[PDB]
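Contents: one structure, followed by commentary.
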Amino acid sequence: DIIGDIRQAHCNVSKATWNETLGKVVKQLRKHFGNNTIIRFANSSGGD
Amino acid sequence: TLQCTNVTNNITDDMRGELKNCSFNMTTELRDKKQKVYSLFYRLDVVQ
Amino acid sequence: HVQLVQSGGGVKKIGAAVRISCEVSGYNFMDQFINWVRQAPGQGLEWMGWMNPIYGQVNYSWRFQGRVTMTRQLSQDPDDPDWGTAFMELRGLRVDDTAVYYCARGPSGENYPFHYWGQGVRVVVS
Amino acid sequence: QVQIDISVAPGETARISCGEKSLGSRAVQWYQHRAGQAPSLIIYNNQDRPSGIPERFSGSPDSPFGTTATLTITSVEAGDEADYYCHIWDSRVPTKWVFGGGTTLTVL
Amino acid sequence: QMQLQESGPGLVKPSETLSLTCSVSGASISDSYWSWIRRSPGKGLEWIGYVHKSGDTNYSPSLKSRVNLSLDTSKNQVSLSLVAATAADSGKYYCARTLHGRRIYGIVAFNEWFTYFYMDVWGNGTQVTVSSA
Ligand SMILES: *[C@@H]1O[C@H](CO)[C@@H](O[C@@H]2O[C@H](CO)[C@@H](O[C@@H]3O[C@H](CO[C@H]4O[C@H](CO[C@H]5O[C@H](CO)[C@@H](O)[C@H](O)[C@@H]5O)[C@@H](O)[C@H](O[C@H]5O[C@H](CO)[C@@H](O)[C@H](O)[C@@H]5O)[C@@H]4O)[C@@H](O)[C@H](O[C@H]4O[C@H](CO)[C@@H](O)[C@H](O)[C@@H]4O[C@H]4O[C@H](CO)[C@@H](O)[C@H](O)[C@@H]4O[C@H]4O[C@H](CO)[C@@H](O)[C@H](O)[C@@H]4O)[C@@H]3O)[C@H](O)[C@H]2NC(C)=O)[C@H](O)[C@H]1NC(C)=O
Ligand SMILES: *[C@@H]1O[C@H](CO)[C@@H](O[C@@H]2O[C@H](CO)[C@@H](O[C@@H]3O[C@H](CO)[C@@H](O)[C@H](O)[C@@H]3O)[C@H](O)[C@H]2NC(C)=O)[C@H](O)[C@H]1NC(C)=O
Ligand SMILES: *[C@@H]1O[C@H](CO)[C@@H](O[C@@H]2O[C@H](CO)[C@@H](O)[C@H](O)[C@H]2NC(C)=O)[C@H](O)[C@H]1NC(C)=O
Ligand SMILES: *[C@@H]1O[C@H](CO)[C@@H](O[C@@H]2O[C@H](CO)[C@@H](O)[C@H](O)[C@H]2NC(C)=O)[C@H](O)[C@H]1NC(C)=O
Ligand SMILES: *[C@@H]1O[C@H](CO)[C@@H](O)[C@H](O)[C@H]1NC(C)=O
Ligand SMILES: *[C@@H]1O[C@H](CO)[C@@H](O)[C@H](O)[C@H]1NC(C)=O
């Protein structure tokens, strides 16, 4: 029997660190595709 | 065959019951007798 | 050998879903990504994405995102573990995609470029 | 519901119970009813109480488990004779529209 | 500091509406929620329903189609109306003031909380007796 409260298991990531890291990744990816280009991420689009 | 129902939670329409309360039969040490036991399963462990 | 077949073409009214099946055997099905290539009459080939049957990975084009589902079915029993079926469900199609669809694949260990091709299911819209 | 008769000796505390303990986070309600006068609340949250009413009364905080909502009447007074009713808000088990089983407190 | 005046004849023939009006004197109708309570012999007082600020009232599941509530802004009062009354709904009626409640136990972004309503100011009550004679 489940005792106490019922909630949804969750994850947290610190926003400033995450955004800065994604900025660094963008900076380093722009070298392999030319300086002036646009990069946009998007969540997974299917599968198991 | 698990005869199973929903946990008596205060769920909404969208927030599906993530715990299913399922009862079924099992064979004890004495091979002649069969007992009825209940348990809880997550929604991704039961197919109709 | 390398056996691959298609099924489920035809003509459909606008606003319905077209199912196209590609059934493959003769090789281990875990590897060898399926590549779904569409050929529109009067023009050279165009590519609409690919699928990977290890975990149903998909990778679409810049046009079909939100209109296609590249599903799969593996073999449940270990009796014939190399009988795979890649399904493509196309939805809400405009009148301007009467074409022929092929389920190509690639060499042993890679995916580019396509060697084997399919007889091709032809789909028309009325 | 049932007007169960409970009496408390003056100068000693009393403990009143509300049945059907729930199994989650709760928001308790406790109201009184005195004949011939306007009923008013006594407890609106487990550890938060309305102004005006003297400090003598208190309620059980259900932050740990196994702590049923028990109404504690400290420094009882001859004017405390009334009917005490419970309205339980409960998280897992659904909303209780009807108030819980009441109690009748009389001063001896 | 609001005094709620309950006006009700207290007598209605069977299979007819039992209408009572709780007029508002001390305060304005749009200050907090209005709820209604019915006390009858044999059971404790019952919280029969309430009225939202935007007129989106809620009733108990037992009598959702048997009783109705209305709020009027021209006259500072609330109105309650039983439909097809029988001899078992007689007793005492109270119009009461109710305050919004918001206790959080999970994560707000994922819902996980409940809205509880309680009582802080009651009316002096009205007595209704429904019978053939
Ligand atoms: C990942 O990220 C997500 C981001 O969303 C995280 O999600 C958060 O997760 C936490 C817990 O994991 C949730 O905490 C609950 O929050 C609700 C909402 O309250 C918020 O707002 C309050 C505002 O209060 C005002 O007054 C206080 C004075 O009390 C003042 O200090 C404050 O500045 C403000 O002005 C905040 O106070 C409150 O912070 C609280 O957090 C502490 C956590 O442990 C808590 O202990 C502190 O007391 C502090 O107040 C919060 O920001 C809270 O209501 C809730 O706490 C109540 O419910 C639990 C569960 O039942 C109960 O145990 C608590 O005791 C408390 O219940 C009190 O009040 C009831 C009112 O009726 C009463 O009935 C109870 O008896 C109890 O009263 C007594 O409490 C103490 C107990 O010792 C006692 O000393 C008092 O005197 C009193 O008598 C939870 O804390 C967040 O809601 C949730 N979301 C967000 C957006 O934060 C997630 O956690 C992250 N996960 C990971 C792994 O990183
Ligand atoms: C990746 O992110 C996209 C962001 O748009 C997600 O798309 C959204 O997905 C949700 C849930 O699948 C869709 O809600 C559904 O909408 C349909 C409408 O036909 C409705 O029938 C369902 O009951 C449900 O409400 C939402 O519409 C959709 N939005 C768009 C613009 O496509 C996608 O789900 C994310 N995928 C993953 C794997 O996280
Ligand atoms: C899962 O279903 C079983 C059905 O046997 C529940 O068991 C009974 O549930 C009722 C309903 O509250 C209780 O009054 C009984 O005391 C329970 N009996 C036993 C032996 O536990 C069980 O409670 C259900 N699970 C949950 C979480 O509600
Ligand atoms: C567990 O076994 C018991 C008996 O051993 C089952 O009870 C009956 O099972 C038959 C099927 O053989 C049904 O036709 C009857 O309706 C059952 N009785 C009742 C009162 O329902 C029981 O169904 C089995 N399963 C569970 C979950 O208890
Ligand atoms: C992420 O970091 C970059 C660093 O230059 C900054 O310009 C941008 O505003 C940040 N994004 C957010 C949402 O804070
Ligand atoms: C429990 O979950 C099922 C999921 O299909 C839902 O239909 C049902 O309304 C929920 N509640 C109850 C009491 O069964």
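So you know, we letter chains A, B, ... as the sequences are listed, proteins then strands, and number each from 1. These numbers come from the heavy atoms of this one structure, side chains and all, not from hydrogens, waters or symmetry mates. Recorded method is electron microscopy, 4.0 Å. What you see here is only part of the deposit, and the contact count is restricted to that part.
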Report task. Please pick one of MEDI-493, REGN3479, PGT121 as the drug found at chains D and E. Result -> PGT121
Query raised in the report: For PGT121 (chains D and E), which chain wins on contact count (greatest number of heavy-atom pairs under 4.5 Å), named per the PDB entry?
Result: Envelope glycoprotein gp120
Query raised in the report: Using a heavy-atom cut-off of 4.5 Å (strictly under), which other chains touch PGT121 (chains D and E)?
Result: A, B
Requested in this report: Tell me which chain of PGT121 (chains D and E) has the most heavy-atom pairs under 4.5 Å with chain A.
Outcome: chain D
Query - Name of chain E per PDB - result: PGT121 Fab heavy chain
